[PDB]
Structure formats: C-alpha cells, structure tokens
Peer 1: 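For discussion: a PDB structure holding TAK-960.
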Amino acid sequence: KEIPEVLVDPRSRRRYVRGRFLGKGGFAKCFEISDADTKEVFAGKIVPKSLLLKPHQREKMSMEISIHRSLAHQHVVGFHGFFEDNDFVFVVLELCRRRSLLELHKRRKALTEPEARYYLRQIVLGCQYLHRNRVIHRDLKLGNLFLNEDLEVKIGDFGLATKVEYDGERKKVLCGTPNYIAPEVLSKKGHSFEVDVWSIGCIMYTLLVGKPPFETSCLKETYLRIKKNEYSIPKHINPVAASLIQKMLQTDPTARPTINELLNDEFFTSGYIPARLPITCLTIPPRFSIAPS
Ligand SMILES: COc1cc(C(=O)NC2CCN(C)CC2)c(F)cc1Nc1ncc2c(n1)N(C1CCCC1)CC(F)(F)C(=O)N2C
Ligand SMILES: [Zn+2]
C-alpha cells in the first residue's frame, strides 16, 4: 500500500506534487510537497489508514486536525488543510526549512543567554496564543518547536493537545507519553494549562544547560526524580535565569507562573533580546558584537 506521486484534494481541486522525504513523525511519513499551480511548497504529513483501524486511534487524529485547523499564529505551524482517500490521510502544513530546536540542541548543546531569551520569547508567545484559545499542547519539547528560514519558532504536533471546555476543568486522562512530563500528570491526579509552563521550564533548562533537568538511564527513574523535584541548576547559570527556571519547575502547579506573566520576568525585561539571529547560529555561537570588524 504505497503513497501516490501526486496528492489530489477533490474538494478544493488542488494538486500537490510529492517531493523529498523529510522523515517519519510517528505514524506519519512527511514529505516536501508542492501545489501544481502556485508552486508553493508545504510539508505534507501522510498517514496510512491501515494504522487507524481502531476508532480510538481515528478519534485522536480527528481531534488533532480539529484543534490545529482552528489555530492561526506567527509562532504556530500553519495549518493549510487536509484531505483523504480510501488509503491515506493527507495534512498540508507550513514547511519549516530549518527543522527543529532538537537538531539545534544536538549541534550547539547549551545556547548563549540571548539566544535562549530569543527562542523562549517566541515559544511563550505561541503558547500564550494556545492558552488564550483554551488549548493545552501537553507535549512541548524541542522536536515540536520548528524553525523557519528566518529562525522563527513554530509550535507543531498537536497530537496530544486538548481543549479546555469549561472553567476550572481538570483533565484526568492523557493518552500519550509527553517528553517533559509534569508531576501532576505522573502522579495522575488531574491537570490543565500549567503542564505547558512546566514543559517550558524544562525547555529553558535544556537550552541554557545543554541537557534536560531530570535525565537518567531509565525512564521510570526519570519520572521518579520529577515526582521528588530532584534536579539542580549548575553554578554557571546566572541567578535571574535560574530563578525563572525554579519558578516554572515547581511540583505544585498552582505555584508556577501562568503563561502571561512570563515575558514580564526579569529574565526577559532586563536582558538583551536579539531582534533576529543569523543562520550561522545553527553552528557557531554568536558574540553579538556591536559593529562589524
Ligand atoms: C525542508 O525542511 C525539513 C528538512 C528535514 C530534514 O532535514 N530531513 C532529513 C532527515 C534525514 N534524512 C536521512 C534525510 C532528510 C526535516 F526533517 C524536516 C523539515 N521540515 C519540516 N517542516 C515542517 C514540519 C516538519 N518538518 N516535521 C518534521 C518532524 C519529523 C519529520 C519532519 C514534519 C511535520 F510533522 F509534518 C510537521 O508538522 N512540520 C511542522
Ligand atoms: Zn488511549
């Protein structure tokens, strides 16, 4: 059961030429695809229905599309549309030519402070948007934080995302295994927006330190350390940065800042935030010099 060379949406009469294989995001296989008329290039996420035999699995895909289609923001992956034939589900998404923060992290390890500040701000701005629209992502991690040609961050993969339907709703189910998973989820006693602030906590730690805060050889031992709040921040991290991390990584979800407080932290308001980064920043640390020489 093999994937067509040209992807035809019958409703909109659009045709997409399947270009280069980008990789396998879970069930899906992703390709560079291009609209035959405009030649505009997108990421095509193609999932075979042979892996969607169970209603539960179908319901999750429908939910992901439902959530993601409703979203439009500078720091959220553009959802351009979706369609399906008897064999496949096709989702047409904003292409992010510079991959994700995971691949950045693997090249550069710990970032410089102004880089972190730069990316974190964009991460926060997109998450503010999600939260304003009553959406919790629930799996914010480096691999889901994509980068376009100008190194702007775009939040993707809404496969674990959920809608808060009513005020003070505490979700008690999360079908999935988030990476930077919050202690309320692991204890399994209900959760909401603060799950994403925890994840942003871990992301900020990873970006500045060069490894994740609760890492071990065993996933269960890692979950153990999250329960006990067992991490520590290196001495060389500046106290303003360290303090913000500490605020975000509290076991009590009610103690963490909300998403809208974050940009007002000293960390942002009293440090250098570059307006943009050069492409060299994928490979070489920037000195942020005051004039060419
Ligand atoms: C041209 O841009 C991209 C290049 C690569 C890329 O460099 N792929 C290499 C990986 C190694 N193999 C051997 C050769 C191909 C890549 F992995 C991803 C690229 N772009 C990209 N844009 C958007 C998405 C995206 N990748 N992801 C990634 C995540 C895992 C696979 C692609 C797919 C997605 F899910 F559709 C999705 O939602 N989004 C937002
Ligand atoms: Zn399930």
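Along the sequence shown, residues are numbered consecutively beginning with 1. The analysis underlying the following values was restricted to heavy atoms, covering all of them including side chains, and did not include hydrogens, waters or symmetry mates. Counting starts at 1 for both ligands and their atoms, in listed order.
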Peer 1: Where, by number or letter, can TAK-960 be found in the structure?
Peer 2: ligand 1
Peer 1: Which macromolecule is the chief neighbour of TAK-960 (ligand 1) by contact count, per UniProt?
Peer 2: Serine/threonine-protein kinase PLK1
Peer 1: Please provide the UniProt active-site residue in chain A nearest to TAK-960 (ligand 1) and the shortest heavy-atom distance, rounded to 1 Å.
Peer 2: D139, 11 Å
Peer 1: I'm curious, in chain A, which UniProt domain holds most of what contacts TAK-960 (ligand 1)?
Peer 2: Protein kinase
Peer 1: Among all protein heavy atoms, pick the one closest to atom 19 (C) of TAK-960 (ligand 1) and tell me residue, atom and distance.
Peer 2: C96 O, 3.8 Å
Peer 1: Can you check atom 12 (N) of TAK-960 (ligand 1): any protein non-hydrogen atom closer than 4.0 Å?
Peer 2: no
Peer 1: Quick one: look at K154 and TAK-960 (ligand 1), take heavy-atom pairs under 4.0 Å, and tell me if it's side chain, backbone, both or neither.
Peer 2: neither
Peer 1: In the protein, what heavy atom is nearest to atom 9 (C) of TAK-960 (ligand 1), and what distance, to one decimal place, separates them?
Peer 2: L22 O, 3.9 Å
Peer 1: How far is atom 25 (C) of TAK-960 (ligand 1) from the closest protein heavy atom, and which atom is that?
Peer 2: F146 CE2, 3.4 Å
Peer 1: Going by heavy atoms, is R20 under 4.0 Å from TAK-960 (ligand 1)?
Peer 2: yes
Peer 1: Which UniProt ATP binders of chain A are under 4.0 Å from TAK-960 (ligand 1) in heavy-atom terms?
Peer 2: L22, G23, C30, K45, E94
Peer 1: What is the residue list for the binding site of TAK-960 (ligand 1), using non-hydrogen contacts under 4.0 Å?
Peer 2: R20, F21, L22, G23, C30, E32, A43, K45, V77, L93, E94, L95, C96, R97, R99, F146
